Amino acid sequence: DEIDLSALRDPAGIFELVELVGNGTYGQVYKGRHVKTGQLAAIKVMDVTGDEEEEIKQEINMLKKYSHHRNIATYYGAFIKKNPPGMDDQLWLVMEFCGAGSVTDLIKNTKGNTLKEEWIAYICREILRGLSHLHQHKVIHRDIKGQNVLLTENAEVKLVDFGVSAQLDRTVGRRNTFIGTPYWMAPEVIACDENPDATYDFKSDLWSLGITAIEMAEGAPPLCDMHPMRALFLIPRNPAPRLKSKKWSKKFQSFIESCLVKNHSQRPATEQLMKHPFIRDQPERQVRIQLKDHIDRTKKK
Ligand SMILES: CC(C)n1cnc(-c2ccc(F)cc2)c1-c1nc(C(=O)Nc2ccc(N3CCN(C)CC3)cc2)c[nH]1
Ligand SMILES: [Mg+2]
């Protein structure tokens, strides 16, 4: 796990920045086009500062090792633009371009800001397959949310942004860093803010998945109205958030119930959530026509 950012080549005459599509923890993410081929790629540009140096090395290594997986946006390589001595250099991280954008963007471009149970089931399983791969390699994402779940032109689900992700040595290993997006953060993660003896593990990603499912169902996560600091206080003490409507199937209500167990000890693991009827029983690996058509309607207008 040794990266040198000196032997990296200049991106001039290879990739160019077309438009800004989003941002990722540290950096601004662009739609990059290859100068010759016209091949599209997601490119995160960020200043190589001493404060965010080891956190960028962490990301690259994690992407080099695990991004091959079909449910993780594939890392191609890195370039660097040299600013004059004393100034910070621009690091370019090139990656698979997810043409349809984020789950959050699909929600906003759907009637009543609510997705079908069958899309939520499909996406939730693809996220679980991505998380299962990561957790098996002692990885915690620690920032699972609609914004970090992207879709390709083929409506293939991809996890992105390993900027606040943890690499563990031992299987039973634990973390204590208060990090993530407040609305999606698990209670045992939020505990670490004030309590210095509090520790968490991979289970925290399965809570965030639970909130991401509610995000897809209702259009936004629980406590999205109030201030993040006003939300961080209630998550640990309030009862597990549920779906407002009862029109949702009993199996989908059961999946949110399984995901959002506040006590991480009683919470099911990744492999257990895969066997849950909501994940196991779906109409799969061919029939995603509705999604591919839904994003084609967005392309026109
Ligand atoms: C931003 C995301 C949270 N992110 C954080 N960090 C990295 C990243 C990028 C490159 C690397 F090498 C490493 C990390 C990434 C990352 N966004 C992508 C990506 O493809 N994003 C994308 C593409 C298209 C859209 N459109 C919006 C408008 N219309 C509806 C059409 C679609 C929106 C967003 C791929 N990776
Ligand atoms: Mg991949």
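This chain uses plain numbering: 1 for the first residue, then up along the sequence. Whatever order the structure lists them in is the order used to number ligands and atoms, beginning at 1. Basis for what follows: all heavy atoms, side chains included, without hydrogens, waters or symmetry-related copies.
Given rentosertib, vardenafil, baloxavir, linagliptin, the compound at ligand 1 is identified as rentosertib. By contact count, the main macromolecule holding rentosertib here is known in the PDB entry as TRAF2 and NCK-interacting protein kinase. The shortest N or O to N or O distance between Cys98 and rentosertib is under 3.5 Å.
Looking at atom 29 (N) of rentosertib, its nearest protein heavy atom turns out to be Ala100 O, 4.9 Å.
The protein heavy-atom contact nearest to atom 27 (C) of rentosertib is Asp105 OD2, 4.1 Å.
Residues of chain A near rentosertib cluster mainly in the UniProt domain Protein kinase. Of the protein's non-hydrogen atoms, the one nearest atom 16 (C) of rentosertib is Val29 CG1, 3.8 Å. Checking the UniProt active-site residues of chain A against rentosertib, the nearest by heavy atoms (to 1 Å) is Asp143, 8 Å.
Residue contacts with rentosertib for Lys31 are absent, since no atom lies close enough (heavy atoms, distance under 4.0 Å).
At least one heavy atom of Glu96 sits closer than 4.0 Å to an atom of rentosertib. Under the 4.0 angstrom criterion for non-hydrogen atoms, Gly27 is not in contact with rentosertib.
Proximity to rentosertib (heavy atom under 4.0 Å) is shown by these UniProt ATP-binding residues of chain A: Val21, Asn23, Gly24, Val29, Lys44.
For rentosertib, the residues with any heavy atom closer than 4.0 Å are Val21, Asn23, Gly24, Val29, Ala42, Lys44, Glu59, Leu63, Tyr75, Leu93, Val94, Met95, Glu96, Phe97, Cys98, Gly99, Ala100, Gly101, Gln147, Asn148, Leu150, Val160, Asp161.
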